[PDB]
Chemist: 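Working on a deposited model featuring darunavir. Questions ahead.
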Protein chains: 2
Amino acid sequence: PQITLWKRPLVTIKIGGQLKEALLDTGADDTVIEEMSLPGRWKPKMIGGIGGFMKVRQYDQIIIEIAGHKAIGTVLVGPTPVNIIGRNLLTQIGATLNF
Amino acid sequence: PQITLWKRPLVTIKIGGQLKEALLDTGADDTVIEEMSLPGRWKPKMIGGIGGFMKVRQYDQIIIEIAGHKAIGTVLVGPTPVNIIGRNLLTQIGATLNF
Ligand SMILES: CC(C)CN(C[C@@H](O)[C@H](Cc1ccccc1)NC(=O)O[C@H]1CO[C@H]2OCC[C@H]21)S(=O)(=O)c1ccc(N)cc1
Ligand SMILES: [Cl-]
Ligand SMILES: [Cl-]
Ligand SMILES: [Cl-]
């Protein structure tokens, strides 16, 4: 698809068996999802942005379906106000910015 | 161009006669640049990011070149960790997300 940017670029994702809405975010290095359980090991991380930093849990090798396209990678989980699909998974679905 | 996302999508911008680096950020509603002098009056604005809220100065109808494309629109100025080009100006340069 081609997604214009008049509105926030939100898509449906499936993660951990759950359907969620998420923002396709070229400014995010990594994917950050609201608090939820994920299987396996995790380690703490701090991510910084507008407003300062947020503490998250980093889960590796998590499969996400993003608008119907499967991808695997690191997912950070924390009290983000918006689910964000970052570059680490955008690359995997072949996403590009075009102008 | 067609910009892939294996690295940060950084571009050169020109604002107030100065060249700066900025991140093309589809997850940003607004364009936010580090402290600098701009002409005219400004208005208050609060934006919310990953670490919480941030006060900024809102300047309207500012001339800015983004990767060689001319835009004229709102620029928020504040203590952001990186200059970010948000959807308000990405739409002006005709940018879309594609996969
Ligand atoms: C600021 C960027 C360098 C990094 N951010 C991604 C960015 O797209 C956020 C993504 C975002 C979006 C909504 C809420 C929190 C974070 N947008 C953002 O802060 O935009 C602000 C300016 O326009 C406004 O519109 C959205 C809030 C305002 S971030 O959310 O802090 C972040 C940083 C690191 C990772 N791995 C993941 C996300
Ligand atoms: Cl990854
Ligand atoms: Cl590629
Ligand atoms: Cl604008």
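Every chain is numbered from 1 and lettered A, B, ... according to where its sequence line falls, protein lines coming before strand lines. FYI, side chains are in, hydrogens and waters are out, and symmetry mates aren't considered; it's all heavy atoms of this structure. Counting starts at 1 for both ligands and their atoms, in listed order. Structure determined by X-ray crystallography, 1.3 Å.
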Chemist: State which chains or ligands correspond to darunavir.
Modeler: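 Every copy is at ligand 1.
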Chemist: So I'm looking at this entry - what's holding onto darunavir (ligand 1) the most? Name it the way it appears in the PDB entry, please.
Modeler: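 By contact count, the main one is HIV-1 Protease.
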Chemist: What chains, other than any belonging to the drug, come within less than 4.0 Å of darunavir (ligand 1), counting only non-hydrogen atoms?
Modeler: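 Counting heavy atoms only, the chains are A, B.
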Chemist: Can you list, by chain and number, the residues with heavy atoms within 4.0 Å of darunavir (ligand 1)?
Modeler: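 Heavy atoms within 4.0 Å: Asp25(A), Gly27(A), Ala28(A), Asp30(A), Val32(A), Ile47(A), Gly48(A), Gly49(A), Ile50(A), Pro81(A), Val82(A), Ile84(A), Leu23(B), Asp25(B), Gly27(B), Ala28(B), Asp29(B), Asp30(B), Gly48(B), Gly49(B), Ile50(B), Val82(B).
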Chemist: I'm curious, any covalent attachment for darunavir (ligand 1) in this structure? Which residue and atom?
Modeler: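 The answer: no covalent bond.
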Chemist: Less than 3.5 Å between some nitrogen or oxygen of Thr80(A) and one of darunavir (ligand 1), yes or no?
Modeler: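 No - when backbone and side-chain N and O of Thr80(A) are compared with those of darunavir (ligand 1), no distance drops under 3.5 Å.
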Chemist: Just to confirm my output: which protein heavy-atom neighbour is closest to atom 34 (C) of darunavir (ligand 1), and how far is it?
Modeler: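 Protein heavy atom with the smallest distance to atom 34 (C) of darunavir (ligand 1): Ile47(A) CB, 3.9 Å.
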Chemist: Which residue supplies the protein heavy atom nearest to atom 24 (C) of darunavir (ligand 1), what is that atom called, and how far is it?
Modeler: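 It is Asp29(B) N, 3.6 Å.
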Chemist: With atoms numbered from 1 as shown, which atoms in darunavir (ligand 1) lie under 4.0 angstrom from a non-hydrogen atom of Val82(B)?
Modeler: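 Per the distance check, 3 (C).
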Chemist: Counting each atom of darunavir (ligand 1) from 1 as listed, which ones have a heavy atom of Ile50(A) under 4.0 Å away?
Modeler: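 Those atoms are 19 (O).
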Chemist: Just which atoms of darunavir (ligand 1) are under 4.0 Å from any heavy atom in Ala28(A)?
Modeler: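 So the answer, numbered in order with elements, is 37 (C), 38 (C).
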Chemist: Considering heavy atoms of the protein only, find what lies nearest to atom 27 (C) of darunavir (ligand 1) and give residue, atom and distance to 0.1 Å.
Modeler: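 Answer, as residue, atom name and distance: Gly48(B) O, 2.8 Å.
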Chemist: For darunavir (ligand 1), which is the ligand I care about here, please tell me if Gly27(B) has any N or O atom under 3.5 Å from one of the ligand's N or O atoms.
Modeler: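 Yes, since at least one N or O of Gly27(B) sits under 3.5 Å from an N or O of darunavir (ligand 1).
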Chemist: Please determine if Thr31(A) has a nitrogen or oxygen closer than 3.5 Å to a nitrogen or oxygen of darunavir (ligand 1).
Modeler: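 By distance alone, the answer is no.
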Chemist: Using a strict cut-off of 4.0 Å, indicate which atoms of darunavir (ligand 1) neighbour a heavy atom of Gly49(A).
Modeler: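 In order of numbering, the contacting atoms are 31 (O).
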Chemist: So, regarding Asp25(B) and darunavir (ligand 1) (criterion: nitrogen or oxygen to nitrogen or oxygen, under 3.5 Å), is there a contact or not?
Modeler: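 Among all N and O atoms of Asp25(B), at least one is under 3.5 Å from an N or O of darunavir (ligand 1).
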Chemist: When you measure from atom 35 (C) of darunavir (ligand 1) to every protein heavy atom, which one gives the shortest distance, and what is it?
Modeler: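 The closest one turns out to be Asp30(A) O, 3.7 Å.
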Chemist: Any protein N/O atoms within less than 3.5 Å of an N/O atom in darunavir (ligand 1)? List the atom names and distances, or say none.
Modeler:
residue              : atom   : partner  : partner atom : Å
darunavir (ligand 1) : 8 (O)  : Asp25(A) : OD1          : 2.7
darunavir (ligand 1) : 8 (O)  : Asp25(A) : OD2          : 2.4
darunavir (ligand 1) : 8 (O)  : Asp25(B) : OD1          : 2.7
darunavir (ligand 1) : 8 (O)  : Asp25(B) : OD2          : 3.2
darunavir (ligand 1) : 17 (N) : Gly27(B) : O            : 3.1
darunavir (ligand 1) : 23 (O) : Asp29(B) : N            : 3.1
darunavir (ligand 1) : 23 (O) : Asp30(B) : N            : 3.2
darunavir (ligand 1) : 25 (O) : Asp29(B) : N            : 2.9
darunavir (ligand 1) : 25 (O) : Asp29(B) : OD2          : 3.2
darunavir (ligand 1) : 36 (N) : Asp30(A) : N            : 3.2
darunavir (ligand 1) : 36 (N) : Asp30(A) : O            : 3.2

